[PDB]
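Just below is one structure, and these are the notes that go with it.
All residue numbers given for chain A refer to the PDB entry; the residues shown span 60-417 in order. Counting starts at 1 for both ligands and their atoms, in listed order. Hydrogens, waters and symmetry mates are skipped; everything else that's a heavy atom, side chains included, is used.
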Amino acid sequence: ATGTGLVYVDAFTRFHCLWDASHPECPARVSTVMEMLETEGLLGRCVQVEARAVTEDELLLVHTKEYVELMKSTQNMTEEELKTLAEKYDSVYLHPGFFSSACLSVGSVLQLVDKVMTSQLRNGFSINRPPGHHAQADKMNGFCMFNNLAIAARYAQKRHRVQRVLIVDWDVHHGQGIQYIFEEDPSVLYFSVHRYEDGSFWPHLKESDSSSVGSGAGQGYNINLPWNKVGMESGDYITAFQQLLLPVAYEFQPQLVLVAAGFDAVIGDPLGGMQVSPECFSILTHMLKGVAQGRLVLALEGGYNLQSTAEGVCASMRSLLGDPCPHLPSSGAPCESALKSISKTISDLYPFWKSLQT
Ligand SMILES: CN(C)Cc1ccc(S(=O)(=O)n2ccc(/C=C/C(=O)NO)c2)cc1
Ligand SMILES: [K+]
Ligand SMILES: [K+]
Ligand SMILES: [Zn+2]
């Protein structure tokens, strides 16, 4: 009843890049996380929750039938056919076990949502791969096949009659797939903090700027915080959460919080270029527990330094378990660049949120 759920299955390690032995999205990502959770004594304090395969109908909450059929067919393809198809998308690989593992990756999040919404667990973390936040209605993208958290949000709405879901994406990349799926939807609030650099950082989209606030019925319910300098630190994230994200979150009154919990913003990541201490994520996780009765589910997205990502997961897990907020190595003030970005996003979202009108 008062526990923290954890999902991990060996299938999460049974796919990898056949044609690039050094691809950063690899099985060692999750096995290293699991090893550190054990050596830190955190794994044994969690409630083990079994994974399950997403159903076709659940995938169709977000993805097209044509795309689901195509992805289902990759389990029977030759390596040459997998490479030919993978190259039709931006930055993906395929593997005979990718579809099977991707279905368990979605399902792991749904399993935690079930436990949390029925008050059987307080919160949970899925240690899943492949990641999801770049996947789109009809295409793979950015190492992702299915959009784990977008499916989970719509599942929570359909299965548990949740009205409002908050998705917080602290991966260093913009989860444009999530943004696109919910762009016109005021019932799912999407917040992303990400490296941008005027579009020079992948995925190079103007829609990743803070001027993209949602459209149609969804205006105000998409919040982008783009960083335009590398080297951001814990203080930059803490400031953004205290004065932008959490004021909006309390005004929105979500009934479930889903976190796209990537750790490629952590110190040492080979792709992210940021300097956030892993301990920062204990603090960010604590803040999110005050909303939605603490009904909080984290799911692994990116993070490609094996040690840094494990440390980030552990720091988040200590907070889910209710351990004391840890002292931070560098509790410095935010930098000028971060403050410019935060001010501009606040400016763009001001008309929609009373809690930002200060
Ligand atoms: C093939 N070798 C060189 C690895 C590689 C390095 C860089 C790029 S990239 O810059 O084009 N790119 C595309 C997607 C992402 C991020 C994914 C993510 O982490 N989401 O969380 C980054 C692609 C591939
Ligand atoms: K992000
Ligand atoms: K939205
Ligand atoms: Zn990422």
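- The drug or drug candidate at ligand 1, out of resminostat, acepromazine, benztropine, is resminostat.
- Ranked by contacts, the top partner of resminostat (ligand 1) (the one with most) is named in the PDB entry as Histone deacetylase 6.
- Residues with a heavy atom within 4.0 Å of resminostat (ligand 1): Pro83, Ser150, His192, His193, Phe202, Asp230, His232, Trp261, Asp323, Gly361, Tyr363.
- If you check which protein heavy atom lies closest to atom 19 (O) of resminostat (ligand 1), you get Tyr363 OH, 2.5 Å.
- Below 4.0 Å from resminostat (ligand 1) sit the other ligands and ions ligand 4 (zinc ion).
- The shortest N or O to N or O distance between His232 and resminostat (ligand 1) is below 3.5 Å.
- There is no protein heavy atom less than 4.0 angstrom from atom 3 (C) of resminostat (ligand 1).
- For resminostat (ligand 1), the atoms closer than 4.0 angstrom to any heavy atom of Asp230 are 20 (N), 21 (O).
- The authors modeled no covalent bond from resminostat (ligand 1) to a chain.
- Protein heavy atom in closest approach to atom 6 (C) of resminostat (ligand 1): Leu330 CD2, 4.1 Å.
- From the protein, the heavy atom lying nearest to atom 13 (C) of resminostat (ligand 1) is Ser150 OG, 3.1 Å.
- The atoms of resminostat (ligand 1) that sit less than 4.0 Å from any heavy atom of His192 are 20 (N), 21 (O).
- Of the protein's heavy atoms, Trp261 CB, 3.9 Å lies nearest to atom 10 (O) of resminostat (ligand 1).
- Of the protein's non-hydrogen atoms, the one nearest atom 1 (C) of resminostat (ligand 1) is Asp79 OD2, 4.2 Å.
- Scanning all protein heavy atoms for the shortest distance to atom 17 (C) of resminostat (ligand 1) gives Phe202 CE1, 3.6 Å.
- Close approach of resminostat (ligand 1) to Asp323 (heavy-atom distance below 4.0 Å) involves ligand atoms 19 (O), 21 (O).
- At under 3.5 Å, a nitrogen or oxygen of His193, whether backbone or side chain, sits near a nitrogen or oxygen of resminostat (ligand 1).
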